[PDB]
Amino acid sequence: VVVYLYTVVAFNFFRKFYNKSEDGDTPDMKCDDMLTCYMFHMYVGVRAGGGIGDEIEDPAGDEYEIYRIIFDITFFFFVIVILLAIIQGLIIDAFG
Amino acid sequence: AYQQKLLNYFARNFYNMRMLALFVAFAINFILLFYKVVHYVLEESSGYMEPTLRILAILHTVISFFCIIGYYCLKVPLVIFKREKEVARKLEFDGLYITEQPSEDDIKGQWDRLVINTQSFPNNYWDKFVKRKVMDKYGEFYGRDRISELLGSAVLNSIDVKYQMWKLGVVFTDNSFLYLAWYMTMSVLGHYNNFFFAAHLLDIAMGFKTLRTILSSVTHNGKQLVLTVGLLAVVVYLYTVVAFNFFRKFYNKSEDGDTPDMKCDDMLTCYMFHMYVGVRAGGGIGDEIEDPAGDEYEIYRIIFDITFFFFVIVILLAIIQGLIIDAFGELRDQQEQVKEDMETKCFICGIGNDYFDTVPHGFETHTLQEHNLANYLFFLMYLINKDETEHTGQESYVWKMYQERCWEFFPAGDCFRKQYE
Amino acid sequence: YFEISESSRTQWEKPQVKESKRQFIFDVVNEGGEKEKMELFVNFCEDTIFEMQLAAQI
Ligand SMILES: Nc1ncnc2c1ncn2[C@@H]1O[C@H](COP(=O)(O)OP(=O)(O)OP(=O)(O)O)[C@@H](O)[C@H]1O
Ligand SMILES: Cn1c(=O)c2c(ncn2C)n(C)c1=O
Ligand SMILES: [Ca+2]
Ligand SMILES: [Zn+2]
């Protein structure tokens with residue numbers, strides 16, 4: 001759910017940051033359609049370790065940059081530091 | 001009557017209903033994933049989905065409205081009771097609107113001054129003498145005519161409008177009704193848009209038991225948590241002061257002088273760099289920084305490289321995580337402790353667990369056939385319907401004890417067989 | 001020994017008030033002193049009568 005609620009944020013409000021191109025050489029691929037944002041997030045942004053701020057472009061001088069870091073930090077420590085660890089904290093006790 | 005019978009259908013079917021309003025709120029957010037970009041819906045399974053999301057957003061909104069109609073009939077007379085009771089007890093026993101005159105604190109306690117004046121002030125309290133008792137009680141210290149001044153088609157201007165404005169006041173303070181009003185408009189504001197419509201997944205969290213477990217776990221574990229998050233903002237800042245005064249030339253985001261190289265050492269853009277990059281790195285700071293090659297600060301570079309790592313990432317980040325892993329640990333431990341500090345000891349006799357397992361299978365018999373708190377509720381109902389003349393020796397010794405508010409008569413810790421045999 | 005009624009027997013089994021038992025059970029087996037616990041139990045018992053009167057209007 002909380003991954004999906006971040007997908008709703010990025011697709012409505014942050015959608016131009018996703019690129020898999022070699023700076024316009026390839027006809028640049030997107031990850032902001034309806035589902036290919038979400039299936040991108042749960043496949044990449046979970047396993048990253050840097051949250052979402054590792055397979056995404058950099059906020060340079062944009063007018064969304066202050067709202068970019070808030071989305072950058074609170075993706076991290078709400079999903080990776082907290083929500084992934086208490087998943088692991090169960091099975092470590094469930095084998096216990 | 002059909003207006004009344006259909007309204008009585010809603011208060012009957014309430015918990016049945018909101019369980020369905022969750023299941024619809026999945027079905028939008030199972031379908032709202034089918035966008036493409038202006039925003040438009042595609043199709044893979046059914047040819048038509050623009051009809052479904054049109055009809056469901058109407059079907060959701062009325063079912064959101066059939067709860068707030070049903071809740072106004074069902075639980076509002078309960079909350080109109082427990083409000084009206086605690087006024088009439090305190091005005092009779094200590095007389096706060098006669099003697100204490102309550103201050104600016106607890107405004108809602110001072111809100112109940114538009115109701116003591118009205119006619120129907122014991123509307124649902126089964127006790128219509130709260131006006132006459134206090135005039136009987138406090139007419140010796142205060143004037144009785146002061147007290148009576150203090151107390152007291154064809155129907156549209158022949159109803160107590162001053163009572164309803166107080167009745168509207170005690171409704172809007174209630175939290176559960178307030179949540180239903182917000183859950184109504186977020187169906188209506190999710191009819192303009194549809195992405196500020198997915199705030200109906202909040203119903204997953206805000207149940208009942210999982211709500212008061214969180215509010216207990218916050219007051220028990222929040223003050224430690226914030227001040228350990230607040231510690232992390234300091235020791236990052238104390239490293240920012242070090243790097244900006246003493247190490248500032250190492251930060252680059254250029255392709256070796258091709259771009260007119262960007263810096264991160266001004267005043268704040270060192271610090272906002274550190275807490276955005278150096279925390280989430282895993283290699284501390286030594287991953288988005290240049291290499292100490294042969295510099296005369298290289299020995300002081302590695303010290304800043306190691307002691308950024310294991311003071312912030314290995315230690316300070318882990319004991320942040322070590323709290324919330326335990327703070328969710330009380331979200332299962334607390335609801336289980338209720339279910340097992342109820343089965344050890346009984347409610348009223350308070351005896352315990354072993355003392356009715358010494359006989360074969362006795363604790364269910366000692367509870368469900370001797371003490372059984374519902375039977376005590378059925379007892380207090382029994383003195384109500386029974387006439388006052390007909391009470392026996394027990395049922396009038398109890399009933400006079402219950403009038404004078406005593407409660408010595410409960411079997412405190414010495415239930416029946418613990419004195420017999 | 002006394003007489004539990006018939007209509008008052010089914011109405012406590014109604015899920016209308018079977019919720020209100022479960023909220024009251026949860027709030028006294030938690031923190032609260034036993035010198036006022038039975039005080040709180042009777043204040044539960046007074047309003048639980050009032051839910052029986054509503055469920056008779058059904
Ligand atoms: N004085 C008491 N009166 C009644 N039940 C008691 C008392 N003391 C302890 N209990 C325990 O409370 C339990 C309530 O029954 P149980 O929880 O199994 O069914 P329920 O009440 O319908 O379920 P729920 O609690 O979910 O409503 C009983 O098992 C009983 O062991
Ligand atoms: C009239 N009446 C009472 O007088 C009463 C009561 N509960 C306690 N008392 C004292 N109930 C439910 C009641 O209806
Ligand atoms: Ca008699
Ligand atoms: Zn008992």
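Order of the sequence lines sets the chain letters (A, B, ...), proteins ahead of strands, with each chain counted from 1. Recorded method for this deposit: electron microscopy, 3.9 Å. We show just part of the entry here, counting contacts only within that part. Values below: all heavy atoms of this structure, side chains included; hydrogens, waters and symmetry mates excluded. Counting starts at 1 for both ligands and their atoms, in listed order.
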(request) Report the name of the drug found at ligand 2, as recorded in the PDB. (result) caffeine
(request) Count heavy-atom pairs within 4.5 Å of caffeine for each chain, then name the one with the most as the PDB entry does. (result) RyR2
(request) Find the other chains whose heavy atoms come closer than 4.0 Å to caffeine. (result) B, C
(request) Look up the source organism of chain B in the entry. (result) Sus scrofa
(request) Determine from the entry whether a covalent bond links caffeine to a chain, and give the residue and atom if so. (result) none
